**Student:** 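Have a look at this one before I ask anything.
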Amino acid sequence: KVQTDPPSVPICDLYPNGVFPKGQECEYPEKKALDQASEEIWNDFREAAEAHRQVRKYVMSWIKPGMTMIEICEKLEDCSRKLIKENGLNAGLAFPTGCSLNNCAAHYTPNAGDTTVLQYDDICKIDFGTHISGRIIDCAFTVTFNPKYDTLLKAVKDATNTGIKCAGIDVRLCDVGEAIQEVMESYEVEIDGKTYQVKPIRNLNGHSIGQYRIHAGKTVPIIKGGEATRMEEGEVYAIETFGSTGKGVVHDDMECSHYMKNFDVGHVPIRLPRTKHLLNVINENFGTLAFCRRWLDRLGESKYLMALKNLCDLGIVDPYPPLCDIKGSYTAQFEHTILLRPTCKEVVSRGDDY
Ligand SMILES: *C[C@@]1(O)CC[C@@H](OC(=O)/C=C/C=C/C=C/C=C/C(=O)O)[C@@H](OC)[C@@H]1[C@@]1(C)O[C@@H]1CC=C(C)C
Ligand SMILES: [Co+2]
Ligand SMILES: [Co+2]
C-alpha cells in the first residue's frame, strides 16, 4: 500500500508491477538496446536499494547512545528481513551489519554476549547489505552524536562523492584513487584541542561486485599509486572511502565475527560430523554470501566454533576480522553502489540523506 510508521511493508508490495525506482542517473565523465537487455538485472539492484534506503532512514530515527550494539544490529536486521521479503538465497541480507566503532573502521559486528554500549562520543560506521537474486547493494554511512566530528564526516562524504563522480567506463582505477585522496586531504579538523589533516586509510579499498560475490576481484584504491586497470561497461562497483585521524593504515584486531565461503573453492567431501553439518548449514543458508556468528546462533546452531575453525584452516571459509587504526584514532566511512550501464552511470543506492 503506502509504507507504514515503523516500516513493515515489503518493497515488492509497494511496487506491484515489479518495476522499482531508479537511483541517481549520471552522464559519464541514451537508450541502448544493450542497456535494455539487462533491465531485469538493474531492476533487482533497484529493489535491493529501495530496501536499503527505507531501512537506513528508520535506523537514523532511533539509533542513540545507551543502546547495546547487539540491540542496534538486531533491530536493523529485523527491518531489513521484512522489507527485502527474505526468501532463502533468492532475496535477503547480503552480509552482516557492520557497526564498527572509533578507531575500528570495518568488519566489526557483535558476537553473542558482547556487552558493548554505544556512547555519546562514539563514531559508528553502519555498513549493511541487501540483495535480490544475488544482486548486492553495499552502502554505508557514519553515525555520530557529538558535533566535534562534523568536519571529519564531511571530508569523507566529499571524498566518496568525488570517487563516484570520477568513475566511468574506460576510467583508470588509479586515477579514481588519486582523485579521492586529493579531496580527502584538503580537509583539516580539530577534535578536543588537537588538529589533524584527514588521511585516507591507504590499505582499505572499494571493490567490484558480482552475482552472489561481494568482492568480484577488482579493487578501487583511495590513494594514488594503484593499478591502471580500467573500469568496464556492465561492471558494478562499491565506491567506498575511509578517513582517519590516526596512522591511516588498519591492522586486524579484536575477536572475529565475519566469515565467508571462498568463491573459487569447489565441493569438498567431509566426514567429520560437526564440520560436515556446519558446512551444509552454510551452503544452504548463505552459499557464497558473508555471514556472522550471530546468524548461526539464530538458526539454532551451537557448539560450532571448532567446526568453523576447521573450515577456515581447510581454506573452505575465510575469516574477516575487524580492521582498526591505532588506539585513540577516529575513523569515518561513506559508500554507495554504482552500476556502469551502457547508457549512463547509475548511483543506485543514492538517497535524499546521502
Ligand atoms: C568488508 C569490506 O568491504 C571492507 C572494506 C574493504 O576491505 C579491505 O580493503 C581490506 C583490507 C585489509 C587489510 C588488512 C591489513 C592487515 C595488516 C595486519 O594485520 O598486520 C573490502 O575489500 C575490498 C571488504 C570486503 C569487500 O572484502 C570483504 C568481503 C566482505 C565481507 C566479509 C562482508
Ligand atoms: Co560496505
Ligand atoms: Co564495500
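Note that the numbering runs from 1 along the sequence shown for the chain. Recorded method is X-ray crystallography, 1.8 Å. All ligand and atom numbering here is 1-based and tracks the order in the structure.
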**Student:** Can you identify the drug or drug candidate present at ligand 1?
**Tutor:**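 That's fumagillin (bound form).
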**Student:** Look up in UniProt the name of the chain making most contacts with fumagillin (bound form).
**Tutor:**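 Main partner, per contacts: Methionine aminopeptidase 2.
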**Student:** By chain and residue number, what forms the binding site of fumagillin (bound form) with heavy atoms closer than 4.0 Å?
**Tutor:**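 At that heavy-atom cut-off, the site is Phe95, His107, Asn203, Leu204, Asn205, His207, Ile214, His215, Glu240, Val250, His251, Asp252, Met260, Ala290, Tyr320, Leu323.
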**Student:** Got an N/O contact under 3.5 Å between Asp252 and fumagillin (bound form)?
**Tutor:** yes
**Student:** Would you mind checking which non-hydrogen protein atom is closest to atom 22 (O) of fumagillin (bound form), with the distance to 0.1 Å?
**Tutor:** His215 CD2, 3.8 Å
**Student:** Tell me the residue and atom joined to fumagillin (bound form) by a covalent bond, if any.
**Tutor:** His107 NE2
**Student:** Just need the protein heavy atom nearest to atom 11 (C) of fumagillin (bound form), so name the residue and atom and give the distance.
**Tutor:**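 Looking only at protein heavy atoms, the one closest to atom 11 (C) of fumagillin (bound form) is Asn203 O, 3.3 Å.
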**Student:** If you have a sec, work out which protein heavy atom is nearest atom 31 (C) of fumagillin (bound form) and how many Å separate them, to one decimal?
**Tutor:**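 Sorting protein heavy atoms by distance from atom 31 (C) of fumagillin (bound form) puts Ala290 CB, 4.0 Å first.
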**Student:** Which UniProt substrate-binding residues of chain A, if any, have a heavy atom under 4.0 Å from fumagillin (bound form)?
**Tutor:**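 Per UniProt, the ones with a heavy atom under 4.0 Å: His107, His215.
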**Student:** Within the structure shown, which other ligands or ions come closer than 4.0 Å to fumagillin (bound form)?
**Tutor:** ligand 3 (cobalt (II) ion)
**Student:** What protein heavy atom sits nearest atom 26 (C) of fumagillin (bound form), and how far off is it?
**Tutor:**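 Its nearest protein heavy-atom neighbour is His207 NE2, 3.6 Å.
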**Student:** Within a distance under 4.0 Å of any heavy atom of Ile214, pick out the atoms of fumagillin (bound form) and give their elements.
**Tutor:**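 Once the distances to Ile214 are compared, the set is 29 (C), 30 (C).
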**Student:** Which of the divalent metal cation-binding residues recorded by UniProt for chain A place a non-hydrogen atom closer than 4.0 Å to fumagillin (bound form)?
**Tutor:**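 I count these UniProt residues with a non-hydrogen atom in range: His207, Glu240.
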**Student:** Considering only protein heavy atoms, which is closest to atom 4 (C) of fumagillin (bound form), and at what distance to one decimal place?
**Tutor:** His107 NE2, 3.0 Å
**Student:** Name the closest protein heavy atom to atom 20 (O) of fumagillin (bound form), giving the residue it belongs to and the distance to 0.1 Å.
**Tutor:**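 Result for atom 20 (O) of fumagillin (bound form): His251 CB, 4.2 Å.
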**Student:** For atom 32 (C) of fumagillin (bound form), what's the nearest protein heavy-atom neighbour? Residue, atom name and distance, please.
**Tutor:**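 Going by distance alone, atom 32 (C) of fumagillin (bound form) is nearest to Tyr320 CG, 3.5 Å.
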**Student:** For fumagillin (bound form), which is the ligand I care about here, please tell me if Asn205 has any N or O atom under 3.5 Å from one of the ligand's N or O atoms.
**Tutor:**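 N/O-N/O distance under 3.5 Å: yes.
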**Student:** Check fumagillin (bound form) against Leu204 and write out every atom of the ligand that is under 4.0 Å from a heavy-atom position of the residue.
**Tutor:**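 Those qualifying, in numeric order: 7 (O), 8 (C), 9 (O), 10 (C), 11 (C).
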**Student:** Give every pair made of an N or O atom of fumagillin (bound form) and a protein N or O atom lying under 3.5 Å apart, one pair per line with both atom names and the distance to 0.1 Å, or write 'none'.
**Tutor:**
{"residue": "fumagillin (bound form)", "atom": "9 (O)", "partner": "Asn205", "partner atom": "N", "Å": "3.2"}
{"residue": "fumagillin (bound form)", "atom": "19 (O)", "partner": "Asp252", "partner atom": "N", "Å": "2.9"}

